[PDB]
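Before any comments, here is the structure.
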Amino acid sequence: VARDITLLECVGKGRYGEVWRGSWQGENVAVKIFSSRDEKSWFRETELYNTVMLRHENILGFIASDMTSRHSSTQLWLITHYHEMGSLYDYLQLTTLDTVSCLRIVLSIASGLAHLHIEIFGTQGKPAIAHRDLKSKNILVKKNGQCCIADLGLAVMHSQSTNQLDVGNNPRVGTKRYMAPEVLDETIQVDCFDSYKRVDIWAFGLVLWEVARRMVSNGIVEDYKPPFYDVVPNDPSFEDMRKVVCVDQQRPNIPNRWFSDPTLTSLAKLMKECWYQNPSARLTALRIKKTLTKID
Ligand SMILES: N#CCNC(=O)c1ccc(-c2ccnc(Nc3ccc(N4CCOCC4)cc3)n2)cc1
């Protein structure tokens, strides 16, 4: 419960709220305190962690939900494991990677995404889940080099047994930088569950690009950069994204030095197969996981 947690330092702040390192019984925990404008995401994520009972070594480990009243307002808390290395966005700016380190990160992310997408049938089986806002800032780096996925407030669920679709009721929109072309020009079929899985794939390809840039080969390595850093400004608008992703059909450039390394070359082909304008031509999360397991 919140009254037993000592907030020790703020490690994040934004439109979503803020993220704190706290102590509970003398050991670290992560507390996300949701902004007023993002209450729906707390409700959605509490449903997944509590009712569906989501857990997996590549999904941020849940501890508890709670409401606490403070300063004459009521706050919505989400308490989870603490990872001192921060998010992949922070980690990649402080270190380069070797071949084995680079492959763990991208294999563990694909392993997390596959768990979400795949339905487990039976008595109390988890439905299929699409994330819908995957990015490097809501993926965490664990001390064993593997990653885990967080920030599930936009998720959509599906069960083929009943074949009903639960899109929830959240006014939040995805991060514009990572938006997929069928989103930016409003052709995505909102009634078909596969549509949301193919959105996660597009975003996964971008994160794969972000990480591969940091792997060293033959003494060469790129600085960290976010997707489309060279053609859109910070906090880009819906219109900016569409000009780049739809009108000009642009994609993150493949650095030429990648073509003198066998791992980076196999990862480049995988990226491009996540980036088709035609959403149904993209690979599945399971396909990606399998391919990454055989690359070395
Ligand atoms: N933008 C955006 C959305 N991000 C999140 O919702 C989010 C971010 C982080 C965590 C989270 C979870 C567990 N542990 C941690 N640890 C953490 C440690 C260091 C940092 N720092 C980043 C800034 O500089 C100092 C290190 C951030 C998070 N974060 C959970 C949700």
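Here chain A follows the PDB entry for its numbers: 204-499, in order, are the residues you see. Numbering of ligands and ligand atoms starts at 1, following listing order. When reading the values below, keep in mind they use all heavy atoms of this one structure, side chains included, and skip hydrogens, waters and symmetry mates.
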Provide the name in the PDB entry for the chain that contacts ligand 1 most. Activin receptor type I
crizotinib, maxacalcitol, momelotinib: which of these is at ligand 1? momelotinib
Quick one: what's the binding site of momelotinib if I count heavy atoms under 4.0 Å? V214, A233, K235, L263, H284, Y285, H286, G289, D293, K338, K340, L343, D354
What does the entry say about the source organism of chain A? Homo sapiens
Dominant UniProt domain of chain A around momelotinib: Protein kinase
Under 3.5 Å, N or O to N or O, is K235 touching momelotinib that way? yes
For momelotinib, which atoms have a heavy atom of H284 less than 4.0 angstrom away? 13 (C), 14 (N)
For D293, atoms of momelotinib separated by under 4.0 Å from a heavy atom: 22 (C), 23 (C)
Find all atoms of momelotinib within a distance of less than 4.0 Å from any non-hydrogen atom belonging to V214, and give their numbers and elements. 20 (C), 21 (N), 22 (C), 23 (C), 27 (C), 28 (C)
Can you tell me the UniProt active-site residue of chain A nearest to momelotinib, plus the heavy-atom distance to 1 Å? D336, 7 Å
